[PDB]
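So you know, we letter chains A, B, ... as the sequences are listed, proteins then strands, and number each from 1. Any modification is hidden behind the parent amino acid or an X, and its added atoms are not counted in contacts.
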2 protein chains.
Amino acid sequence: XXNXXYX
Amino acid sequence: XXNXXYX
Ligand SMILES: *[C@@H]1O[C@H](CO)[C@@H](O)[C@H](O)[C@H]1O[C@H]1C[C@](C)(N)[C@H](O)[C@H](C)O1
Ligand SMILES: *[C@@H]1O[C@H](CO)[C@@H](O)[C@H](O)[C@H]1O[C@H]1C[C@](C)(N)[C@H](O)[C@H](C)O1
Ligand SMILES: CC(=O)NCC(=O)O
Ligand SMILES: [Cl-]
Ligand SMILES: [Cl-]
Ligand SMILES: [Cl-]
């Protein structure tokens, strides 16, 4: 993970 | 990708 969003 | 570094 480590990324973010939101999709 | 998804991992990091830095090499
Ligand atoms: C991770 O490194 C790349 C280069 O490969 C940069 O362009 C990017 O800004 C950097 O990402 C940030 C944001 C993220 C992905 N949510 C994490 O918090 C990382 C550690 O820092
Ligand atoms: C997402 O990350 C930011 C930066 O650290 C925090 O400010 C925010 O609280 C965080 O969102 C929470 C709530 C969410 C979106 N429902 C998920 O549980 C994420 C993983 O954590
Ligand atoms: C070295 C590099 O590009 N790291 C970023 C990733 O792991 O996604
Ligand atoms: Cl992070
Ligand atoms: Cl999402
Ligand atoms: Cl690197």
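The molecule at chain B, chosen from vancomycin, abaloparatide, vasopressin, semaglutide, is vancomycin.
Looking at the entry, the name attached to chain B is vancomycin.
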